[PDB]
Colleague: 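This structure holds cannabidiol. Let me ask you some things about it.
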2 protein chains.
Amino acid sequence: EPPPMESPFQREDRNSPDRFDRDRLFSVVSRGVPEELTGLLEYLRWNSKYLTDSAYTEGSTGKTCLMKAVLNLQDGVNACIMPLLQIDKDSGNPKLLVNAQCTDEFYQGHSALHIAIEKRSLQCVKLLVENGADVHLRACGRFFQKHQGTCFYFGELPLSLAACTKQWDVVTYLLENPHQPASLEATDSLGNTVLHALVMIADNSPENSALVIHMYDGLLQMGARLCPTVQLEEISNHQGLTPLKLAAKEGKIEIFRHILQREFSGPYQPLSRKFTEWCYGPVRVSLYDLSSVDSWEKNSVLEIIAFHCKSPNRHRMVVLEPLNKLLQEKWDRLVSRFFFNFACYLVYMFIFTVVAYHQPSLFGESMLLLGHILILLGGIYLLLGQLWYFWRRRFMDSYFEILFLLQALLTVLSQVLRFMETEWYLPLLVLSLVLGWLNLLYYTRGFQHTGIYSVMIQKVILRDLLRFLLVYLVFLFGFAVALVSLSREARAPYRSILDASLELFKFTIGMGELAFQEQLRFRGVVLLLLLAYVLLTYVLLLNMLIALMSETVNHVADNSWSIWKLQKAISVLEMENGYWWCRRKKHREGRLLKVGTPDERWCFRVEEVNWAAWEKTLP
Amino acid sequence: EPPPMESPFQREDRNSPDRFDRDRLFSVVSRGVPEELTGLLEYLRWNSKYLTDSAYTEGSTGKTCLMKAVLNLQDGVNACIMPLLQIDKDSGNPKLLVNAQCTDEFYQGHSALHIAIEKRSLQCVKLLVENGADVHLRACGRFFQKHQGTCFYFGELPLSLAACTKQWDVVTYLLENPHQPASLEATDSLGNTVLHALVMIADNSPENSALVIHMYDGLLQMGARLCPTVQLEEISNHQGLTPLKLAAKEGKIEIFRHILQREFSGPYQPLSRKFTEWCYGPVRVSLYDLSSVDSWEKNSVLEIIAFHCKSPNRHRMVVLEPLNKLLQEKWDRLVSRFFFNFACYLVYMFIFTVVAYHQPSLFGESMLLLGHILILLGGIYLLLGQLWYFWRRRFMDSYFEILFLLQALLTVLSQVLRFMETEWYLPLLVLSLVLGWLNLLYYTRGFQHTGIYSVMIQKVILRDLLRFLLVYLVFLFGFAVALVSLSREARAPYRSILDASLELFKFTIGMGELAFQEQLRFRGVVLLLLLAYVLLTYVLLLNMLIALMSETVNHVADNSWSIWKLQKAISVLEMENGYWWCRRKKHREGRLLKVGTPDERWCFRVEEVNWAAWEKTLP
Ligand SMILES: C=C(C)[C@@H]1CCC(C)=C[C@H]1c1c(O)cc(CCCCC)cc1O
Ligand SMILES: C=C(C)[C@@H]1CCC(C)=C[C@H]1c1c(O)cc(CCCCC)cc1O
Ligand SMILES: NCCOB(c1ccccc1)c1ccccc1
Ligand SMILES: NCCOB(c1ccccc1)c1ccccc1
């Protein structure tokens, strides 16, 4: 268990002229008086130690006397910090105590400047900075990393901590002091910068969103005038993302939306992304920026939303522009490939159904052999394509992206059984055929009127059905074992465990026997136990029905269009790569315009019409 | 792709003493200074060109320099417009540049006056009008026409555009200027007048409704004093409608309600429609106006609501008065025809059932032959009536209006089979019989206690059932093909595709086999595939049930009375024409009263009692 960093009740632990112990030092510093600090210098120069040694620190963490001074800050000002740092300078230690930090696993690197910044005191921050404290000390402990349980994640920097805490004066003093200037370009471990730490502390609540949007714009505006020669929104962390991509991956929708369509009028225009070129009543035409939003480059916002994301908000980022217009422009160009692919799959499935039906038992024979050869070639091509897709991609939207493989694999496996002349090529093949018709359902995603209907009608969750089936199946097996064990002595029904399981399952499709057998010694108890099974199956079925109804009473129904748009987006980004043998050359979208200053950016126009805002701007 | 009409970033395109190119002209006009316009006149008189030629315009659209001047309007005033028009006048061109307009397809006819009116600047409008610009220039491009996608529909006139934008000062200046007076009577393409364009931009939202009601009343009041000799609410567009009928057709309920019962006290009384004659406590008697609201004339509000309308708000216009009282007065007079028609149909159906039941296999014989003759005559009369109804009418309310035809057609077709002595007159006839009993259900619309019950009990949508049946039927056919293909090799059930389809459908009515067949080589896989079919049919049925319940949970239930009133209104307006052989003379309803001034109007009194408003007017 990690010790607390300061505690008024639990004392510190030493576990790793006059005598002046560390306990008296902590006692006089915690109260906060400088008169009783006399005699420290003479004692240190007699014992030939330094104030940052192992004697004067909590050995379990590494907390020095200065951090106890700052942690006992009363009314924002401590009168002991200045003489303590002065006598530390007079001691002549090589390692300065102002920038000392802990060495424990929990609070590694946690300096005094972080404590002074968190205590919302500009005076202690000024006293620490003016006495030679570096402003790039990283807090690398487990307590300052994003994980479940007890943690407070910030960007492991004094400036990041000042940014996450909404205090503006401390951010300004760190950014433009003469004694020790910080930098917005400085990075911690995991590669994050201060524009990343704001994104990773965002939330979908409106207050936290307003906080992080305001402070993100503020830091970007100060980065415009402090270090204009560097693009602050293009520095990459160790995963390879940028702040826009990191907003896309984590599921933070609000700061992602604000970053995607921010606009500042005036001198701060060159760092905008949404430029409006004309507007006529309700219609407004805006030139959005496709820098790392299109799929022509490497991992971008579209692919990160499509594949590398696990969040319930991955279906609402697609709807907001300029992702909606971009994916609509991609779909209106690549719908022909989808329809031709669907027609080829339908022709392959028709020839499969013909071969499976008109088949001899164990010109027409030559036609059927050509059909078998064509089925084998189609199955091996589909198998190669699906194995390519999995190997490149190294969850319900991927559901139909695995069954294809089964409809491939079984098929080719069935055909090698046909080449082995066994008596099992007929089940697996026709089993494949059943799966194949189910596998056609994915191709409803390409048409509007049936795609919206499919997304609207999928009103049950798969995990609920697969849990209920498992519970009912264990129930059936247990009662089947009991019924076989009960009916062994004659005065025959329920002879084996499988037959008794079938005759028990027959009560769910609606045809059960339920009578005196007149062949069993214990036929009354058999009837009683069957009555118990019926009365329990009805409770289980009613519970499942009630649970599904309670699930479907209270949810919003507007997500149908968003989910359909996401499914179409995944299919578009899949087809944009091309086939595994005819790799499609990626076509850059947008036009290279000149906005501001020679600032040449890729731009993409969208024409949005909205009568409500136009009615609002009217008198 | 159409080019933008102005764009600060994308430059214009030429695609269709000192030199003074069009690029320098656009550069100096866009900034907005007049000092650098010097030397233009000498250059134009040396090169013998004009300022509106092809050289000085964006050839892709036809945009002139003046429209670039107005589109770069800063703080409402440009100092360049006045010298530009002055030097255009000094150039001596035959075609004036002030009223020049585009010639592209997308922005056809879009003048500078439209831009100045949209920019909400009275000063630029005054400068354009005073320098000789006609006020009847029509914007005929696709961008200014009502269609899906990107469009801004107004009445293609400067006055209509000033009317749709809620600005009052520009409307007044266009209406009463001495330099170039506009007119409320002027019409664009599609025949619309200014009062029509207000209706076609209306909406059911309260803010837009309040805007359009206020501005409609305002323009009507100004039309009272500018051009009193013309009725502004009687001009017909090219479809033949008036503003009231256009409000009825499009589904705009709020402006339709306001137009139907507007009243102004004082000097503006003669243009009202609802006159109150007396009011005593709560009861109030009002003389509404039946000008184009009754069905005695040509296409009126009642017929346009009844037939020529496709909107979800066609069942709420009937409930609001004076349509409610009018249709109640029609129904209380024409209920006898409905009941006599129902009794005649019931007698015809009883004789049909008797003939279908007491029929010999392949005095009583003469009676049955007379019954057959009467069935043939009734069927041919009903067929002639229904063919008349379709040919004159050249959707669920029309559903029962087609099945009659089938109950006609099959019947007469069955009888000609009886005259052909074939072995198929017995199925079709009795099939007709079944349909006819279903065809009786439409006649529940005439009685209150069962009509409200029928409208209340119709709680399912037909398209959902017809989609679910299609999905389940494809499912059944696919599994039937698989089951026939699997069971071919003996060690018999499931022999043909139709029999296997029937034995698979038997799991839905609640009687399935589900056992080891002991006759098939692959009987275990047959059992497994039947289990798969059962487990999938239950998922599909549960999904359909959940979807219907979710559609049922969250909806308003007050629409039963409105839908029943609409159905009764459709039946009344159908019977008012009369039979196809005894065309009923149309009877004018209301009385010819004299209200205001000799203003003789058809009027219809309604007695409305409402305790709530009377409680509000009390202290
Ligand atoms: C309302 C339910 C869920 C069913 C509806 C069908 C009928 C006949 C019985 C009801 C029922 C009970 O009312 C109570 C139990 C629990 C007692 C089990 C004793 C072994 C089971 C049980 O199926
Ligand atoms: C709760 C439902 C919808 C039914 C209720 C009746 C019973 C016995 C089974 C349930 C059920 C599953 O719980 C899961 C599936 C999907 C797995 C199919 C495997 C081929 C189907 C499936 O009918
Ligand atoms: N009064 C004789 C039956 O009328 B029905 C009826 C009677 C009173 C109130 C409402 C309806 C009726 C019964 C079943 C279906 C439809 C109508
Ligand atoms: N148009 C032919 C059938 O299309 B379907 C359809 C038609 C119109 C609107 C919506 C869907 C369809 C029917 C059942 C299931 C899925 C789709």
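So you know, we letter chains A, B, ... as the sequences are listed, proteins then strands, and number each from 1. Keep in mind that the numbers below use all heavy atoms, side chains included, and drop hydrogens, waters and symmetry copies. Contacts are counted only within the shown part of the entry, which is not the complete deposit. Every number for a ligand or one of its atoms is a count from 1 in the order of the listing.
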Colleague: So, about cannabidiol - where is that in the structure, copies and all?
Modeller: ligands 1 and 2
Colleague: Please list, by chain letter, the other chains with any heavy atom under 4.0 Å from cannabidiol (ligand 2).
Modeller: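 Based on heavy atoms, that gives A, B.
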Colleague: Report, by UniProt's N-terminal numbering, the transmembrane segments of chain A that come under 4.0 Å from cannabidiol (ligand 2) by a heavy atom.
Modeller: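 In UniProt numbering, the segments with a heavy atom under the cut-off are 5, 6.
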